[PDB]
Amino acid sequence: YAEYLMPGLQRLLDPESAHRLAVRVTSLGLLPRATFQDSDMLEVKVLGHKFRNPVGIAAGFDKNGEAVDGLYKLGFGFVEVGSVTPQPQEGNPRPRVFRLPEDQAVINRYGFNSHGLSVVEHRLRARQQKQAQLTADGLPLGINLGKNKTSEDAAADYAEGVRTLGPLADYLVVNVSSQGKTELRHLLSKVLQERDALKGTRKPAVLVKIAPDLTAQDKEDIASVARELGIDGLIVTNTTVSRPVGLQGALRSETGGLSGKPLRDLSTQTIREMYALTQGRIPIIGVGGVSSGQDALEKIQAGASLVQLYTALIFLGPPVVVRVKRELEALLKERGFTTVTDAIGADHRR
Ligand SMILES: Cc1cc2nc3c(=O)[nH]c(=O)nc-3n(C[C@H](O)[C@H](O)[C@H](O)COP(=O)(O)O)c2cc1C
Ligand SMILES: O=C1C(=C2CCC(c3ccc(Cl)cc3)CC2)C(O)=C(O)c2ccccc21
Ligand SMILES: CCCCCCCCO[C@@H]1O[C@H](CO)[C@@H](O)[C@H](O)[C@H]1O
Ligand SMILES: O=C(O)c1cc(=O)[nH]c(=O)[nH]1
């Protein structure tokens, strides 16, 4: 009864309520488990790990690590636990989430509503053994670290997030996308330093997530600092504060970050630029408006080693995960790529 009923409920609910119900339904494992088997050609070895498939769920869906197993069960090659702030906080006042149906877009200004490190840490440790096996089987767990609203030292918040959740993550993410090149360098250096100070052999990779709203200078500074400090990767494109001419959703004037289709090509272009600026030496996780295997391939070809999607799940439902992987698989063969890895950065080989 999962499908059939869920599509209806979605239409009868405001976007935030629909979001919370989706997380619940997913954690309870009420959705059918994907039968699609990830072929060897979809495997990507990057960030010190193995990814059975290159399609993950972007940060922000499961902010509190409540539906991880259910997400892998849907077919995602990896999961990124939504932004986690040190202390719990409620985020911005409602309404803070809006659907733009006609544009297959969403606008949100959640404001980092989070359960906090203690809670998320408890949840993830309760399933650490299970995750250790999932990871070993090529299903990595990423954890996106955020900072509290009234926090003074952003770096201190991120570091606390590194010490607290780092032991449970395969990779960690720090947003600069939810000051000059100098403050960016110092903030990241402290994050990496905290990462290197973690106990154990398997040190999680550290990625920087950027918005698509960057000046020519911002892009060069990020590439330079990333290259200089030895950052492990870049997640390219959080939501955008721009509102493209031609948006038809009546709620387009609302403040917040725009995601979904309108962000698709802007995001890909940003991946192309960052890849070039870093000379293809820094793994990029492409994200933004991915709704088909075609969209994923465009991002991979522009420079992404892996991709993520979120908004498409909202307008196409859970079937979108397997659909993107299946199409991506057929498009790779059709275009002469024997494996996903061979397509990474393909547009840059000319
Ligand atoms: C409702 C909502 C909440 C989000 N929350 C987060 C978050 O907590 N942390 C983060 O790094 N990105 C967050 N994002 C951004 C997504 O991870 C992704 O970068 C962006 O939505 C573009 O992908 P998409 O077009 O496939 O949704 C959020 C996006 C949406 C739509
Ligand atoms: O997950 C959703 C959502 C959704 C409702 C339930 C859907 C669904 C549809 C069919 C099945 Cl079989 C399972 C889940 C998944 C998408 C929805 O409508 C939103 O508006 C939203 C806004 C922000 C963040 C997340 C979301
Ligand atoms: C037949 C199945 C009916 C399912 C009804 C789900 C109603 C969910 O309702 C939502 O719950 C959220 C918290 O859980 C609240 O924050 C939202 O304001 C509320 O609309
Ligand atoms: O919590 C949020 O508002 C948020 C964080 C982020 O990184 N991206 C986004 O679109 N929303």
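For the single chain, residues carry numbers from 1 onward in sequence order. Hydrogens, waters and symmetry mates are skipped; everything else that's a heavy atom, side chains included, is used. Indexing begins at 1, ligand by ligand and atom by atom, following the structure's order.
- Modeled at ligand 2 is a drug that PDB records call atovaquone.
- For atovaquone (ligand 2), the chief contact partner in this model is given in UniProt as Dihydroorotate dehydrogenase (quinone), mitochondrial.
- The closest protein non-hydrogen atom to atom 12 (Cl) of atovaquone (ligand 2) is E3 CA, 3.4 Å.
- The nearest of the UniProt-listed active-site residues in chain A relative to atovaquone (ligand 2), at the least heavy-atom distance to 1 Å, is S178, 14 Å.
- The proximity of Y4 to atovaquone (ligand 2), defined as any non-hydrogen pair under 4.0 Å, does not occur for either the backbone or the side chain.
- The nearest protein atom to atom 5 (C) of atovaquone (ligand 2), hydrogens excluded, is given as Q10 CG, 3.6 Å; this is a heavy-atom distance.
- Only the side chain of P318 comes within 4.0 Å of atovaquone (ligand 2), counting heavy atoms alone; its backbone N, CA, C and O stay farther away.
- Distance from atom 22 (C) of atovaquone (ligand 2) to its nearest protein heavy atom, with residue and atom name: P15 O, 3.5 Å.
- Under the PDB entry, the species noted for chain A is Rattus rattus.
- No part of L21 comes within 4.0 Å of atovaquone (ligand 2), judged by heavy-atom distances.
- Judged by heavy-atom distance, the UniProt FMN-binding residues in chain A that approach atovaquone (ligand 2) within 4.0 Å amount to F61, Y310.
- No part of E16 comes within 4.0 Å of atovaquone (ligand 2), judged by heavy-atom distances.
- Near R99, the atoms of atovaquone (ligand 2) lying under 4.0 angstrom from a non-hydrogen atom of the residue are 17 (C), 18 (O), 19 (C), 20 (O).
- Proximity to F61 (heavy-atom distance under 4.0 Å) selects the following atoms of atovaquone (ligand 2): 1 (O).
- When hydrogens are left out, the protein atom nearest atom 8 (C) of atovaquone (ligand 2) is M6 CG, 3.7 Å; that is the closest non-hydrogen contact.
- For atovaquone (ligand 2) and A22, the ligand atoms under 4.0 Å from any heavy atom of the residue are 1 (O).
- Of the protein's heavy atoms, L313 O, 3.9 Å lies nearest to atom 15 (C) of atovaquone (ligand 2).
- Here the protein heavy atom with the shortest distance to atom 24 (C) of atovaquone (ligand 2) is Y310 OH, 2.9 Å.
- Under 4.0 Å from atovaquone (ligand 2) lie these other ligands or ions: ligand 1 (flavin mononucleotide).
- The backbone and the side chain of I314 each have at least one atom closer than 4.0 Å to an atom of atovaquone (ligand 2) (non-hydrogen atoms only).
- Near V97, with a cut-off below 4.0 Å to any heavy atom, the atoms of atovaquone (ligand 2) are 22 (C), 23 (C).
- By chain and number, the binding site of atovaquone (ligand 2) (heavy atoms under 4.0 Å) reads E3, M6, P7, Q10, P15, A18, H19, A22, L31, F61, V97, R99, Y310, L313, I314, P318.
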